[PDB]
*Asks:* 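Let me begin by handing over the structure; questions about it come next.
Just so it is clear: chains get the letters A, B, ... in the order the sequence lines come, proteins before strands, and each one is counted from 1. Indexing begins at 1, ligand by ligand and atom by atom, following the structure's order. The figures that follow rest on heavy atoms only: side chains count, while hydrogens, waters and symmetry mates do not. Contacts here are counted within a displayed part of the entry, not across the full deposit.
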Amino acid sequence: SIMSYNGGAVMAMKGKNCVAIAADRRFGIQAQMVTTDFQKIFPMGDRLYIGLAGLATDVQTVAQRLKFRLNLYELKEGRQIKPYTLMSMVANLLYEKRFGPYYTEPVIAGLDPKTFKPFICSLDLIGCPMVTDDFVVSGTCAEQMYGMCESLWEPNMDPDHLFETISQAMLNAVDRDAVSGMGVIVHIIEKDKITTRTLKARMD
Amino acid sequence: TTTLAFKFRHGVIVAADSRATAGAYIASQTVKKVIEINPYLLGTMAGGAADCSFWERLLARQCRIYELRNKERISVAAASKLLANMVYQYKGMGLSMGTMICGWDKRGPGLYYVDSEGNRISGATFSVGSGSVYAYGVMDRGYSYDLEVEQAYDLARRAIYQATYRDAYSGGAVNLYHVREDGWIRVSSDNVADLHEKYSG
Amino acid sequence: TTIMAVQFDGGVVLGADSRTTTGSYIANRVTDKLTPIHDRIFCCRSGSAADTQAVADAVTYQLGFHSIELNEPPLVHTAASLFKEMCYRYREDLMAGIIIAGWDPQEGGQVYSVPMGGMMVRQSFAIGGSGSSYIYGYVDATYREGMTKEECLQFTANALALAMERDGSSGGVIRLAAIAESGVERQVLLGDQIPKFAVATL
Amino acid sequence: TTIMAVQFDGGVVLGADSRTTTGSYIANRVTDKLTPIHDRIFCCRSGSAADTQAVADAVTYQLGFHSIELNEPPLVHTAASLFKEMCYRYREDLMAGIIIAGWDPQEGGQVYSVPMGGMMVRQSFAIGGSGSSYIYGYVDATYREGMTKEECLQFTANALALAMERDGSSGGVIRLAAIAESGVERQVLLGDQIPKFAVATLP
Amino acid sequence: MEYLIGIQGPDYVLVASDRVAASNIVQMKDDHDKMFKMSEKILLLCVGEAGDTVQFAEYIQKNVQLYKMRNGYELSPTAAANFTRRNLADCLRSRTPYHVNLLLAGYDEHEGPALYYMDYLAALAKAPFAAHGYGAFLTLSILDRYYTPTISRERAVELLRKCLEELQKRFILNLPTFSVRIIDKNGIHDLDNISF
Amino acid sequence: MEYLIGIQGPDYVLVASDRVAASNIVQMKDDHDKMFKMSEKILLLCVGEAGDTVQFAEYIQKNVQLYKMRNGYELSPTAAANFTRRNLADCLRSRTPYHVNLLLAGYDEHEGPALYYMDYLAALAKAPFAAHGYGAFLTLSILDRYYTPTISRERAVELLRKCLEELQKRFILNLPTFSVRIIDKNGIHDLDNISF
Amino acid sequence: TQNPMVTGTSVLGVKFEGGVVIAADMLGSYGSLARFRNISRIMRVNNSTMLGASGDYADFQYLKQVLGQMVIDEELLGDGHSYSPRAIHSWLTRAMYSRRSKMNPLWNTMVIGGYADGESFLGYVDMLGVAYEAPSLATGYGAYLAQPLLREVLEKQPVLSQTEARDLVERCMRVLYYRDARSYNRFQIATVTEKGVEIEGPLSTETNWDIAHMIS
Amino acid sequence: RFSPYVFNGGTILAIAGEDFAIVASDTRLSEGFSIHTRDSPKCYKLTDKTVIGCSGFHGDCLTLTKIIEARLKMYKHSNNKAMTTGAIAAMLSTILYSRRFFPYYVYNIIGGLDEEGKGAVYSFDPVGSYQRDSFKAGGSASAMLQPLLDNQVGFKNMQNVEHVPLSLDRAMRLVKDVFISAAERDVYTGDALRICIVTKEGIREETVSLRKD
Amino acid sequence: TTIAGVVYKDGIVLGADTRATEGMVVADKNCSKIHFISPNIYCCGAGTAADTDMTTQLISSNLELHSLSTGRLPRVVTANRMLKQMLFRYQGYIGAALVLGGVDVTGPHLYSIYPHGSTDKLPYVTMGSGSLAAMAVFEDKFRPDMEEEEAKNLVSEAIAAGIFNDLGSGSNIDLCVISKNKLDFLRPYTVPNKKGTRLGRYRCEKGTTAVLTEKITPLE
Ligand SMILES: *[B]([O])([O])[C]([C][C]([C])[C])[N]C(=O)[C][N]C(=O)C1=[C]C(Cl)=[C][C]=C1Cl
Ligand SMILES: *[B]([O])([O])[C]([C][C]([C])[C])[N]C(=O)[C][N]C(=O)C1=[C]C(Cl)=[C][C]=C1Cl
Ligand SMILES: *[B]([O])([O])[C]([C][C]([C])[C])[N]C(=O)[C][N]C(=O)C1=[C]C(Cl)=[C][C]=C1Cl
Ligand SMILES: *[B]([O])([O])[C]([C][C]([C])[C])[N]C(=O)[C][N]C(=O)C1=[C]C(Cl)=[C][C]=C1Cl
Ligand SMILES: [Cl-]
Ligand SMILES: [Cl-]
Ligand SMILES: [Cl-]
Ligand SMILES: [Cl-]
Ligand SMILES: [Cl-]
Ligand SMILES: [Cl-]
Ligand SMILES: [Cl-]
Ligand SMILES: [Cl-]
Ligand SMILES: [Cl-]
Ligand SMILES: [Cl-]
Ligand SMILES: [Cl-]
Ligand SMILES: [Cl-]
Ligand SMILES: [Cl-]
Ligand SMILES: [Cl-]
Ligand SMILES: [Cl-]
Ligand SMILES: [Cl-]
Ligand SMILES: [K+]
Ligand SMILES: [K+]
Ligand SMILES: [K+]
Ligand SMILES: [Mg+2]
Ligand SMILES: [Mg+2]
Ligand SMILES: [Mg+2]
Ligand SMILES: [Mg+2]
Ligand SMILES: [Mg+2]
Ligand SMILES: [Mg+2]
Ligand SMILES: [Mg+2]
């Protein structure tokens with residue numbers, strides 16, 4: 001499978017007035033770990049991040065080309081992009097390649113730049129958007145992630161509880177997946193700050 | 001999987017990881033990949049889990065029958081050859097097994113690599129499994145026939161550990177054994193997460 | 001599918017079954033496979049539903065424009081030639097077995113077959129689709145030169161009924177149309193109105 | 001090939017075309033596809049020439065021996081069952097579409113189909129072979145309960161003539177046989193004797 | 001089959017590459033150089049399919065040199081690595097993909113030393129050390145075992161030598177000689193070949 | 001991948017084989033022996049598919065030894081080569097073919113030295129010199145160039161050394177050491193390994 | 001069988017208070033050709049058990065032969081034990097699995113209906129030896145078209161009378177005739193109760209074609 | 001190309017306690033995009049002390065469980081005692097390996113009491129590799145269940161948490177929760193959850209409703 | 001997916017389930033499958049999700065351009081032609097299977113539209129992997145000229161039949177009712193399925209997760 005060549009996992013999760021996004025840190029090629037600090041989550045705004053799992057080369061290309069579009073959008077418009085509008089921008093970018101797609105399935109997490117309402121979504125590799133009110137997951141251990149998220153997530157969690165839940169969902173999910181892990185990074189997004197943590201994690 | 005074994009002045013060190021996988025799904029972190037054939041003989045497992053466990057258990061049965069019939073411990077050579085001859089018949093049928101047979105007999109410390117392709121070879125050191133290439137690098141840079149016992153334990157432990165780090169299909173714990181003239185002993189079982197804390201560039 | 005058309009003196013009769021299938025699922029049990037191309041020119045469609053609808057729409061367009069430019073009713077032979085041109089040109093991308101039938105003031109009632117591959121031949125009567133296999137013998141034995149309109153309607157309904165009984169891909173209702181100078185008359189045979197032949201019990 | 005058989009009160013009528021093909025070469029234009037299996041039991045053969053000849057010979061042998069042992073004429077149903085047993089057992093290695101028809105004193109005139117795969121079913125009339133596709137409609141519209149022998153002969157000849165006109169794999173002469181308590185009557189329709197229907201030329 | 005290795009210390013990057021050009025069962029050249037000088041402080045090391053490797057490496061080289069001529073200063077290692085990446089990725093789904101695996105080594109006046117790894121799919125990763133080829137399978141664990149971020153240049157040449165000795169011992173291919181170069185604040189230096 | 005070579009002089013046969021056992025990209029043993037003693041004056045050198053090579057060589061060896069025990073004298077080299085051939089040929093269209101390539105070297109009291117070549121198809125040819133393996137491609141012309149039928153044993157060891165040096169220079173695989181033995185009227189003698 | 005030849009389509013089954021009813025059309029199809037229009041695809045096995053079969057009709061005939069001979073053999077003993085519907089279902093399960101495991105299946109999917117000791121039995125067996133019991137069953141296109149209707153009725157009312165089960169089967173047979181290109185509007189209904197096994201037919205469903213005039 | 005296999009779905013779980021074992025399964029039996037029946041559990045009682053869960057191809061589930069049943073009676077007849085949990089597991093390994101070249105398409109988990117009365121779980125691959133576990137999920141939703149069990153029963157990836165023994169009442173809660181979560185996301189897992197609790201008093205059964213879509 | 005539509009006395013009722021799957025895993029529990037075309041025309045989508053989304057959005061947009069220009073409410077025939085000619089052009093590679101329903105100047109019209117570009121105009125239609133279950137309900141119970149509430153009952157029963165008998169379908173039933181006088185977009189119409197409630201609690205307190213590194217970045 002093309003999507004398991006590099007392995008990898010991302011997830012996002014919604015709390016009261018806050019969102020969280022997390023990713024493993026492995027860059028590998030089939031069985032071989034090549035590096036353990038590979039970036040998969042990218043800032044698209046002060047309170048808006050995109051996480052990409054899939055083929056590492058397309059993770060990078062889609063992040064970059066998205067950034068190109070977004071920068072042009074922001075310069076032209078008065079303003080910071082809305083979360084929902086970023087989703088659409090990304091949907092359009094992916095579907096342009098409907099017949100030879102990028103092999104990446106992004107998640108977006110953010111707060112509205114004016115209202116600060118929480119937003120999360122994911123898209124498939126051809127740009128079908130899915131907005132949810134709880135969590136989204138993408139990568140080679142999607143099933144593991146679904147199991148953790150379905151069991152742990154609760155409505156209206158504060159930043160501290162959201163952090164614990166996303167962390168435990170990620171760590172335990174990736175620990176059942178041979179080609180994800182080597183570290184987990186987590187960003188909590190609040191009105192007034194971003195908190196970025198790497199977790200203590202298995203390195204096998 | 002990563003397994004290794006080496007002969008040295010004080011016997012044979014045998015070490016393995018403990019991960020099993022079904023595709024990229026981790027099915028277990030607690031597999032015992034060192035089989036106790038008798039108190040003087042160990043076998044290691046890499047490849048197909050069912051194939052290794054079945055055929056090494058069958059080797060154990062046969063070594064025991066041998067001992068009852070002949071009134072003496074089977075040699076390392078003979079045990080390895082019994083396994084080789086059993087699997088030879090199945091070549092081409094998709095058995096997947098790479099084993100080290102490790103003991104101490106009247107020729108002293110003994111070590112043979114045996115696999116489902118039909119190889120059977122004696123040697124000083126071997127590593128087998130998807131992580132073997134990583135283990136070979138560390139093992140080879142540290143190996144000597146005149147290693148002290150504790151230096152030898154350190155080498156085996158570290159080599160497997162490094163393999164777990166690079167190889168997606170190796171992990172869990174390092175299980176280490178020492179074949180001495182009066183029998184093998186189980187030396188240690190160390191979780192790779194605890195070894196990471198400790199090590200060591 | 002089973003499709004059929006028959007010439008009589010002053011016009012034509014067309015018929016079709018009404019079954020659309022994907023695999024052995026019936027996606028439409030009352031399909032209208034007889035499609036008007038101009039006031040007195042129809043096509044009967046068999047093969048691919050998508051291909052035949054697209055081709056019929058395109059020919060309706062071409063023929064309508066041609067007819068306005070000439071300021072006269074189109075020839076049935078012209079409608080057939082337009083079908084043929086498109087079905088021959090794109091024979092490698094289309095699965096379409098067509099019968100074109102109608103009336104015009106120059107040549108009267110006419111029936112043309114455009115089978116798969118895109119050849120075109122005028123016939124006294126034509127049959128097509130998967131079910132037509134089962135009625136070659138029937139129509140070869142029953143056809144008579146000089147049938148009336150009403151006899152052509154009966155002949156067509158009987159033939160289609162026999163085909164529908166045997167072909168898994170044909171069934172439903174029988175749709176008939178008669179075309180003549182005075183216009184087009186359409187009808188449906190359903191249920192008990194479909195001609196019936198006993199299954200042969202010992 | 002087109003083969004056919006029809007029950008009437010007191011017997012059966014069987015018919016076949018006479019064409020054997022390899023590819024589109026006619027290797028025999030006057031093949032006899034109606035083969036006697038016992039005194040009053042025939043089979044009509046379609047599919048593989050080699051397979052059907054081998055199977056017919058084997059059944060003839062089995063039925064002949066059975067009949068001597070019982071010291072009685074065989075049942076038509078028994079001949080059919082023997083064909084079925086062999087065509088079912090060896091269905092993966094045979095290409096044989098058979099009609100068994102005949103007369104016996106117990107059940108009279110009978111027609112059995114043993115199509116490819118080796119099922120067996122009794123029928124009022126049966127048709128088989130590649131050409132049979134083209135006459136389903138014809139026979140469904142024309143069959144009448146209670147036909148006489150002579151009507152069954154006419155019905156059979158007409159059906160086969162229609163099939164032979166349309167099917168590339170059927171042609172030649174029509175071979176007919178009538179079987180009844182009084183015996184077997186065989187005949188050939190050839191040339192102008194084959195029922196004729198005009199090709200429908202334009203008015 | 002081709003071997004590349006890079007080791008990045010606090011103020012230098014050390015690189016090496018085998019010197020074999022092979023074909024079928026023969027070594028056809030034993031002094032082959034797999035390194036391309038892009039700028040005063042940048043080496044591209046390139047392996048992979050015949051024809052694609054030189055054509056790709058030289059295109060990048062000429063375009064890096066062009067940037068210097070147009071602008072009067074050089075691309076940084078990072079900018080050169082990203083330029084290399086964009087070209088490789090942009091060709092991946094084209095009519096002319098390049099089947100090449102690369103290391104890019106460089107020294108920047110302000111960022112210090114850098115080592116970048118790229119595969120043919122054009123995934124780019126910065127790394128403190130890295131290697132390409134089948135030989136990487138036997139040497140990366142030696143690098144994990146002994147590398148430290150403050151490794152001195154004399155010890156990096158020793159560590160390199162341990163890797164190359166491991167290929168002699170354990171690898172099935174005859175790779176008897178290697179090109180060695182270091183990049184630092186004063187540019188690119190040729191070291192002696194390591195031979196067996 | 002495995003190299004065998006044989007050189008027959010007036011009253012001896014000299015043979016050599018590589019000492020590598022390889023698997024995938026790694027040499028797993030560097031002192032492997034590809035020679036089997038069949039009798040006091042016969043060596044069988046066997047390469048090919050794993051499992052088949054040892055099973056086949058040892059079956060032959062045991063049967064040759066059995067002939068000696070049953071009969072009180074040994075099979076001649078020729079007779080052993082033909083026995084070997086019958087077995088291989090008889091298995092060729094069976095359920096259990098053996099994918100092996102072989103040299104058989106021997107000294108007979110009455111016929112003198114003999115070298116036989118056999119491939120996996122079981123074609124058997126006597127030859128004054130021969131070789132197997134990819135390495136044969138690079139060495140057979142060296143033997144054609146310099147062999148004579150009266151070559152002395154000292155010169156045959158030198159010629160052997162030229163062949164093995166050519167493998168070091170030109171062959172893509174790492175074959176650094178070779179077993180060398182000579183057979184004459186006094187039996188089988190181990191010479192020093194030729195190593196690099 | 002590697003390649004089925006003449007085949008039958010869906011078989012339906014539903015349990016009712018005091019019995020079980022199964023239904024199957026009387027068609028043997030040869031590809032798309034409706035070839036044999038008057039064949040029974042239902043068998044009376046013994047007094048308590050009946051069987052319906054989809055798939056290759058020659059394979060069904062062979063099973064009929066084998067199973068019919070087994071009941072005769074058992075009746076010869078006259079010892080007070082008879083194969084229950086459950087036992088027949090078990091035997092069938094084994095026979096199909098065994099044939100599957102020789103890579104030479106009997107190409108059928110079957111519905112076994114019975115009544116024994118005051119309990120209704122309904123069981124399914126396929127060509128791979130997949131078997132189970134349920135209050136209603138439908139093979140082939142029946143699984144998609146009939147079974148949703150059967151289960152929806154059975155949820156509102158798990159216990160059906162005989163005449164309710166029978167009306168429900170007729171409705172399903174109608175839908176099958178509308179939507180399955182291999183069906184035929186000539187079928188049998190077989191019922192098993194305390195009194196034994198009855199097979200009725202040939203039956204037909206009324207049909208409505210009003211939608212032909214609503215091309216809407 | 002007749003295929004002798006089909007996937008019929010099913011999720012199995014077992015948990016070893018200090019003096020109990022749980023074996024649980026959903027009751028849905030599927031094929032393609034269809035449901036065969038909503039009432040087909042995947043657990044089978046072997047002895048008073050041992051239950052086996054089996055999912056995968058149902059044709060093989062049925063055959064294998066019948067073979068196991070016959071072999072238990074054979075063992076009892078020749079050895080004059082019931083097979084232990086451990087002996088059942090070792091036997092099953094060999095039965096699975098007998099088909100190494102045409103495998104039973106079955107995932108097996110054995111739950112029972114060992115010879116000291118302690119909970120025992122054995123988990124298998126289709127060709128007979130096995131080992132003893134503290135807990136294990138198998139089948140269609142195994143990848144959804146296992147991580148949660150790792151975390152909550154194994155206490156993995158948690159700091160500053162007391163590693164208490166697993167009570168029956170907490171294990172039950174876990175079991176119900178993980179299945180309810182699997183039924184959300186695995187299309188094959190649904191209808192009902194069947195739980196067997198093995199203790200020294202015998203085997204008792206609970207059933208809980210799950211989503212039907 | 002199970003999508004369906006019915007023509008009733010005074011309009012159209014469209015229906016759909018809300019499950020989307022990726023493999024045999026539920027990806028969305030509450031997917032919206034009934035798409036806006038114009039104020040008087042809606043379109044249910046089954047098949048590849050990105051393709052149903054993009055195709056209906058494009059046609060809705062081109063139809064908005066059409067109506068802005070004509071000053072008139074669009075016709076259902078128009079949406080049908082546009083969708084079919086596009087899907088034909090793409091030869092079946094746009095995996096959109098659609099149920100298109102609306103009410104225009106000529107009254108109510110309902111079409112099913114297939115990926116290769118064929119369409120059928122019918123008084124009741126169904127699409128998706130649950131389409132046979134939903135069709136069986138329609139064949140069994142549809143009547144011409146149903147009243148509004150009867151037609152809503154029938155479409156929800158048909159969607160429910162897909163939800164419960166098809167593994168590709170699930171979660172909620174959405175309806176859309178379209179008449180000359182009214183548009184009722186009923187999302188959800190019914191919630192026949194629900195997650196069970198959680199028996200244990202896994203509320204992991206602060207410090208449970210060990211942390212290697214932290215960076216706070218304050219914002220405005
Ligand atoms: B190791 O070689 O990576 C390991 C050694 C064995 C002894 C555990 N091998 C595996 O993990 C290979 N996997 C399996 O054999 C296997 C197969 C299947 Cl079908 C299901 C589960 C497992 Cl674990
Ligand atoms: B008839 O040739 O059997 C019939 C005639 C058409 C013109 C109505 N053909 C079919 O039913 C062939 N079916 C399809 O083209 C089809 C229909 C549907 Cl609903 C979806 C896919 C396909 Cl490929
Ligand atoms: B008929 O089915 O078209 C006819 C009936 C047989 C029984 C006479 N069959 C054929 O003609 C089929 N042809 C052959 O089997 C054949 C004939 C010859 Cl001469 C050579 C090879 C073959 Cl395969
Ligand atoms: B239904 O047709 O089964 C449904 C309709 C859509 C509109 C929700 N289709 C699916 O659920 C099929 N899945 C997807 O299109 C899909 C594909 C991919 Cl590659 C990734 C995500 C999704 Cl959500
Ligand atoms: Cl772009
Ligand atoms: Cl362990
Ligand atoms: Cl022994
Ligand atoms: Cl050896
Ligand atoms: Cl060490
Ligand atoms: Cl149409
Ligand atoms: Cl045609
Ligand atoms: Cl046609
Ligand atoms: Cl129909
Ligand atoms: Cl002829
Ligand atoms: Cl005879
Ligand atoms: Cl036939
Ligand atoms: Cl036939
Ligand atoms: Cl019939
Ligand atoms: Cl019966
Ligand atoms: Cl239209
Ligand atoms: K029909
Ligand atoms: K002919
Ligand atoms: K579910
Ligand atoms: Mg992991
Ligand atoms: Mg690892
Ligand atoms: Mg044959
Ligand atoms: Mg190229
Ligand atoms: Mg072999
Ligand atoms: Mg559902
Ligand atoms: Mg097309």
*Asks:* Can you remind me what the drug at ligand 2 is called?
*Replies:* ixazomib (bound form)
*Asks:* Would you let me know which chain has the most contact with ixazomib (bound form, ligand 2), using the name from UniProt?
*Replies:* Proteasome subunit beta type-6
*Asks:* Other chains with a heavy atom closer than 4.0 Å to ixazomib (bound form, ligand 2): which ones?
*Replies:* C, I
*Asks:* Which neighbouring residues and nucleotides define the binding site of ixazomib (bound form, ligand 2) at 4.0 Å (non-hydrogen atoms)?
*Replies:* C:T1, C:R19, C:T20, C:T21, C:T22, C:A27, C:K33, C:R45, C:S46, C:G47, C:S48, C:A49, C:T52, C:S169, I:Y114
*Asks:* Check each atom of ixazomib (bound form, ligand 2) against the heavy atoms of C:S46 and keep those under 4.0 Å away; list them by number with element.
*Replies:* 2 (O)
*Asks:* Does the N or O separation between I:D120 and ixazomib (bound form, ligand 2) drop below 3.5 Å for any pair?
*Replies:* no
*Asks:* Short version: PDB name of chain I?
*Replies:* Proteasome subunit beta type-7
*Asks:* Which residue supplies the protein heavy atom nearest to atom 7 (C) of ixazomib (bound form, ligand 2), what is that atom called, and how far is it?
*Replies:* C:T52 OG1, 3.4 Å
*Asks:* Atoms of ixazomib (bound form, ligand 2) less than 4.0 Å from C:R45 heavy atoms?
*Replies:* 7 (C)
*Asks:* Got a sec? I need the residue and atom in covalent bond with ixazomib (bound form, ligand 2), or none if there isn't one.
*Replies:* C:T1 OG1
*Asks:* Any neighbours for ixazomib (bound form, ligand 2)? Other ligands or ions under 4.0 Å, I mean.
*Replies:* ligand 10 (chloride ion)
*Asks:* If I apply the N/O under 3.5 Å rule, does C:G47 come out as touching ixazomib (bound form, ligand 2)?
*Replies:* yes
*Asks:* Do you see a protein non-hydrogen atom under 4.0 Å from atom 23 (Cl) of ixazomib (bound form, ligand 2)?
*Replies:* no
*Asks:* Suppose we measure from atom 8 (C) of ixazomib (bound form, ligand 2) to each protein heavy atom; which comes out shortest, and what is that distance?
*Replies:* C:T20 OG1, 3.6 Å
*Asks:* What atoms of ixazomib (bound form, ligand 2) come within less than 4.0 Å of a heavy atom belonging to C:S48?
*Replies:* 15 (O)
*Asks:* What's the shortest distance from atom 11 (O) of ixazomib (bound form, ligand 2) to any protein heavy atom, and which residue and atom give it?
*Replies:* C:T21 N, 2.9 Å
*Asks:* Can you tell me which residue and heavy atom of the protein come closest to atom 15 (O) of ixazomib (bound form, ligand 2), and the distance to 0.1 Å?
*Replies:* C:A49 N, 3.0 Å
*Asks:* C:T1 to ixazomib (bound form, ligand 2): N or O pair under 3.5 Å?
*Replies:* yes
*Asks:* Would you say C:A27 has any N or O atom under 3.5 Å from an N or O of ixazomib (bound form, ligand 2), going by distance alone?
*Replies:* no
*Asks:* Provide, to 0.1 Å, the distance between atom 18 (C) of ixazomib (bound form, ligand 2) and the closest protein heavy atom, together with that atom's residue and name.
*Replies:* C:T22 OG1, 4.1 Å
*Asks:* Can you pull every nitrogen or oxygen pair between ixazomib (bound form, ligand 2) and the protein closer than 3.5 angstrom?
*Replies:*
| from | atom 1 | to | atom 2 | distance (Å) |
| --- | --- | --- | --- | --- |
| ixazomib (bound form, ligand 2) | 2 (O) | C:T1 | OG1 | 2.5 |
| ixazomib (bound form, ligand 2) | 2 (O) | C:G47 | N | 2.9 |
| ixazomib (bound form, ligand 2) | 3 (O) | C:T1 | N | 2.7 |
| ixazomib (bound form, ligand 2) | 3 (O) | C:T1 | OG1 | 2.4 |
| ixazomib (bound form, ligand 2) | 9 (N) | C:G47 | O | 2.8 |
| ixazomib (bound form, ligand 2) | 11 (O) | C:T21 | N | 2.9 |
| ixazomib (bound form, ligand 2) | 11 (O) | C:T21 | O | 3.4 |
| ixazomib (bound form, ligand 2) | 13 (N) | C:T21 | O | 2.8 |
| ixazomib (bound form, ligand 2) | 15 (O) | C:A49 | N | 3.0 |

